[PDB]
Amino acid sequence: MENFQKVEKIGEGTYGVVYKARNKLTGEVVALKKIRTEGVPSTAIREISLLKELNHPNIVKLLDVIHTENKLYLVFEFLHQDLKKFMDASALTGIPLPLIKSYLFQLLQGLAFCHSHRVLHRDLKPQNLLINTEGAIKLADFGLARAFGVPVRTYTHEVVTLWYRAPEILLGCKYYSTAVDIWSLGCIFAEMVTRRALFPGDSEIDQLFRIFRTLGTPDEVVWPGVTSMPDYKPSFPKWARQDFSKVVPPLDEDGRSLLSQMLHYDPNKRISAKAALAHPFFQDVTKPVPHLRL
Ligand SMILES: CCN(CC)CCNC(=O)c1c(C)[nH]c(/C=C2\C(=O)Nc3ccc(F)cc32)c1C
């Protein structure tokens, strides 16, 4: 883009490539996301504007959309680090619980806001969560698989993480609900705590079976309707649920109780972002400042 000097390529998206870029007029530093070119739907750019009018301290601001010359550019505010990088950097000592807690609380606020506005993320993962020096965390790179839609790639030969995908998606449900984002955020919370991915599947079925081995193979008792879902097979192995205290030690009982509710199989039993904010886990929540090396 001639309006912009690329400083660097800071991420490889689901949709496209993200660049750190400077505006030659304003001198403002931004994140620039470029999307691959068929006639490049009209319908898409409509509901991108739905993302543009979202303003919340926990949602990364979308500054502009630019359709010119058969690529789509999304201009976003720039943040200095992503949670994936921060977790890797914190792997030795772990992220302090008060900071984990503030981050979870803020992400739930962000989700509560998005969801009350009928916007789903669908894509949540540590790479998509951005932090700053003042202790804020923000939802970014909304994946919307309507308002556009879903490829199997981003641009070139990049491998999509299934680790955060809700079981209803894996079982082939056509219609997502807001519950899919709470699932992903639950997986992220566990990972901050234990410093290991909770469900690191290497394929769709391995992802499913990893969830089953830990939470038990779902049945009609815990998840009415499950056996009727498009990708469900009666031939799935039957695993018993693991004791939950094995899962995220040493998280306290308030944390485990909240996590267990974010991880319910039935999208209808799964806690809402709004209700999650009222959980006793957050009674002592504060806003600590992260030690960030930029
Ligand atoms: C392994 C961790 N990371 C993945 C490659 C490596 C490092 N990458 C980083 O730290 C990083 C930084 C410093 N900014 C972003 C991305 C965005 C940003 O700032 N505003 C946005 C608005 C929308 C959006 F969709 C992405 C961004 C990343 C991934």
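Positions are given from 1, in the same order as the sequence printed here. Determined via X-ray crystallography, 2.0 Å. In each ligand, atom 1 is the first atom listed, and ligand 1 is the first ligand listed. Values below: all heavy atoms of this structure, side chains included; hydrogens, waters and symmetry mates excluded.
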### Query
What is the name, according to the PDB entry, of the chain making the most contacts with ligand 1?
Cyclin-dependent kinase 2
#### Entry: Name of drug found at ligand 1
sunitinib
### Residues near sunitinib, heavy-atom distance under 4.0 Å
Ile10, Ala31, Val60, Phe76, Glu77, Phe78, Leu79, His80, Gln81, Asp82, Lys84, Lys85, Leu130, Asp141
### Query
Which atoms of sunitinib have any heavy atom of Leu79 under 4.0 Å away?
12 (C), 13 (C), 14 (N), 18 (C), 19 (O)
### Query
Nearest to atom 20 (N) of sunitinib, what protein heavy atom do you find, and at what distance?
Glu77 O, 3.0 Å
### Contacts by heavy atom under 4.0 Å between sunitinib and UniProt ATP-binding residues of chain A
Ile10, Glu77, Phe78, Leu79, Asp82, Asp141
### Message
Hey, quick one: which residues UniProt lists as binding Mg(2+) in chain A have a heavy atom under 4.0 Å from sunitinib?
### Response
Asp141
### Query
Quick check: which UniProt domain of chain A holds most residues touching sunitinib?
Protein kinase
### Nearest protein heavy atom with distance in Å, relative to atom 17 (C) of sunitinib
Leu130 CD1, 3.4 Å
### Task
Enumerate the atoms of sunitinib whose separation from the nearest heavy atom of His80 is less than 4.0 angstrom.
13 (C)
### Query
For atom 1 (C) of sunitinib, which protein heavy atom lies nearest, and how many Å away is it?
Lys84 CG, 3.5 Å
### Task
Nearest UniProt active-site residue of chain A to sunitinib, heavy-atom distance to 1 Å.
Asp123, 8 Å
### Message
I need the nearest protein heavy-atom contact for atom 5 (C) of sunitinib: residue, atom name and distance, please.
### Response
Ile10 O, 3.9 Å
### Task
Tell me the residue and atom joined to sunitinib by a covalent bond, if any.
none
### Query
Among all protein non-hydrogen atoms, which one is nearest to atom 25 (F) of sunitinib, and what is the separation to 0.1 Å?
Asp141 CB, 2.8 Å
### Query
Does the N or O separation between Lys85 and sunitinib drop below 3.5 Å for any pair?
no
### Query
What protein heavy atom sits nearest atom 26 (C) of sunitinib, and how far away is it?
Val18 CG1, 4.1 Å
### Task
Starting from atom 7 (C) of sunitinib, find the nearest protein heavy-atom neighbour and note its residue, name and distance.
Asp82 OD2, 3.1 Å
### Task
Could you tell me which atoms of sunitinib, counted from 1 in the order shown, lie closer than 4.0 angstrom to a heavy atom of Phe78?
13 (C), 19 (O)
